[PDB]
Amino acid sequence: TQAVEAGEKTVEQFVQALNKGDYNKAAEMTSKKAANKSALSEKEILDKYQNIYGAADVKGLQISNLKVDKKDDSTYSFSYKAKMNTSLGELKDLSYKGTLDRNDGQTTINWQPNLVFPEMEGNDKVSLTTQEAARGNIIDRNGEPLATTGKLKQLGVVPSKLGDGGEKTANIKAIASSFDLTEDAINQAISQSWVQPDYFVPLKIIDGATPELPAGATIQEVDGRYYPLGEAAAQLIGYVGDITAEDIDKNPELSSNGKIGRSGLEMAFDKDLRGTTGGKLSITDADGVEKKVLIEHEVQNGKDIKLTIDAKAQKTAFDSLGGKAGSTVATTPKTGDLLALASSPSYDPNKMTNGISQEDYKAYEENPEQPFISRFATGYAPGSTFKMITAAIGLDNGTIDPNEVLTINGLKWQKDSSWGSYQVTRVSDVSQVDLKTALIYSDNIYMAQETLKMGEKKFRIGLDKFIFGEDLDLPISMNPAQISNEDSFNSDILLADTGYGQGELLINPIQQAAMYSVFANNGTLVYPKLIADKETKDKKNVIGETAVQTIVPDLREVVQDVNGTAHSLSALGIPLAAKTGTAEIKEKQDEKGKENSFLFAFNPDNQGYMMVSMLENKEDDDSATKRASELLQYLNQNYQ
Ligand SMILES: *C(=O)[C@@H](NC(=O)Cc1ccccc1)[C@@H]1N[C@@H](C(=O)O)C(C)(C)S1
């Protein structure tokens, strides 16, 4: 029995080499090719495993219940159960047999064909048939398509039917001007190594009406992924790309001929959208007659996925950004339905999934405005909109008297001389400032003084009631919002700067809409929701209902008062409660400071909608407030 455990070592090493993909090392562990030993030579074992297991994409061989006994003086039979993963799913409970051999001191395996699959007999063969699964669709809250599959018109040229000289140059220029293409692009496409003169060289996926086709230009219909909104929802939806051999090596249940989501919801929901491949993996005898069916099941097309997004609101929010750096989040704050998740600038997902140029992708990747960023999921300093939270906390703990009038002289203020040359600044030199005036003019000095009077302890008690440090249950990659880098400010300056939303605060636009939902639910925070069929989740008693009834009327004056920072929104004539903001960041590139514009707004009458828009590294005189009129009209009209 001292050699039985040595044989179990070799059997465990044999299945480990098969599991590791090292078919040569597993073939070295066999004995001699005889009549009652190995049924094939060593190099022939490498080929049989590499051909069969490679055809079925066998990966992850796991064994169980190993029993090594004694049959003769030189024969030690063994048996075990095993399972493996193939391109058609998991192949379970496979009963393997065989024998072992040990002549001198080394123990080897008597290789037999049944060590590839249980029922193999000599010249038996393996067949695999597969059928691709159609990818599921991504639809909005009203069934409108966001990521679907349709017929695409592919433009291409046959180098033979172009010409020989001069006529070929003229026909290239005719196609170049008829479809907005570079003459260097056509000549570089038809001059690649794969191009034959009679081949169809694809050029561009045209989306509009088909123009007049010059000589050599033909258009073929191909089926592929299509995004009706395009740039307007590229960061959220994402794109699909060709599946590589490395993707198959990681997950053999993928379709080697299909597409895989590379970013956005296409990647986050890739398993539900891609479905399962159908087909049959069978063993045949030498005659090709089906012997045993190992795996067989029919194709299951991918599921559709309905989002809370409004396709009309998504396009309106994105176009309102005018192609500048920024983002916009629109919700129904009583339920959390994310109506829009726009990010700008953006990339073309249709061009991305239909083959993109190396320089076109380089332009996206090296654009300093970085269109690949999902800005609705990137943490920012919230700015002056965060004063709503600081005021609500000060009202709940009794620190802020809504009618107490602070006397503030000038535009700069500091606690005492220990602050050095640093001072909190404001923009409006208003002498008599209470809570309402502080919100109308957005007074940092008022909030900084109220935050310092409140103290870090009471401030964090109110802050910890929100969603700082929480992972939102959303299919979007994001980091939790943070109050500061550490659990303590350890600085009166940092405490005051946090008071008006300008410390180490990092809150992405989606998390901001979650925190700000308390002003539309009487102090109840409603978590955002992207999947339509999801259940509404909320947190009770985040802030007091009294604070809501005090701040929201003041937020109406931010729009209605003639000196309110959002007074331009009064032109709409709709019930609006808003709060603006402008944060300052230090971008060491140009060294001159950069500014982020912010806007929070919702309907205080029906609580039907709520939006949080922002501009990153805004241009002078540009703001989110001057861009929200069109989106506010649509949300007020359709969401009450
Ligand atoms: C909140 O964001 C506040 N911002 C500042 O104090 C910084 C700042 C940035 C640019 C110019 C001047 C001051 C206040 N709220 C913003 C706003 O609501 O847009 C103001 C610019 C009114 S100051």
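Along the sequence shown, residues carry numbers from 1. Both counts, for ligands and for their atoms, begin at 1 and track the order of listing. The basis for the numbers below is simple: all heavy atoms, side chains too, and nothing from hydrogens, waters or symmetry mates. Technique stated in the header: X-ray crystallography, 2.6 Å.
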- Query: Which macromolecule is the chief neighbour of ligand 1 by contact count, per the PDB entry?
  - Reply: Penicillin binding protein 5
- At ligand 1 in this PDB structure, which drug or drug candidate is present? benzylpenicillin (bound form)
- Which residues are in the binding site of benzylpenicillin (bound form, ligand 1), using 4.0 Å as the heavy-atom cut-off? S384, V427, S442, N444, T565, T580, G581, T582, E584, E595
- Taking atom 2 (O) of benzylpenicillin (bound form, ligand 1) as the reference point, the nearest protein heavy atom with its distance: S384 OG, 2.3 Å
- Tell me, which protein residue and heavy-atom name are nearest atom 6 (O) of benzylpenicillin (bound form, ligand 1), and how many Å apart are they? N444 ND2, 2.3 Å
- Message: Give me the residue, atom name and distance of the protein heavy atom closest to atom 12 (C) of benzylpenicillin (bound form, ligand 1).
- Response: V427 CG1, 3.6 Å
- Covalent connection: benzylpenicillin (bound form, ligand 1): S384 OG
- Query: Does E595 reach benzylpenicillin (bound form, ligand 1) with a nitrogen or oxygen that is under 3.5 Å from one of the ligand's nitrogen or oxygen atoms?
  - Reply: no
- Item | Organism of origin for chain A (entry) | Enterococcus faecium
- Please report which non-hydrogen protein atom sits nearest to atom 20 (C) of benzylpenicillin (bound form, ligand 1), along with the residue it belongs to and the distance in Å to one decimal place. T582 OG1, 4.3 Å
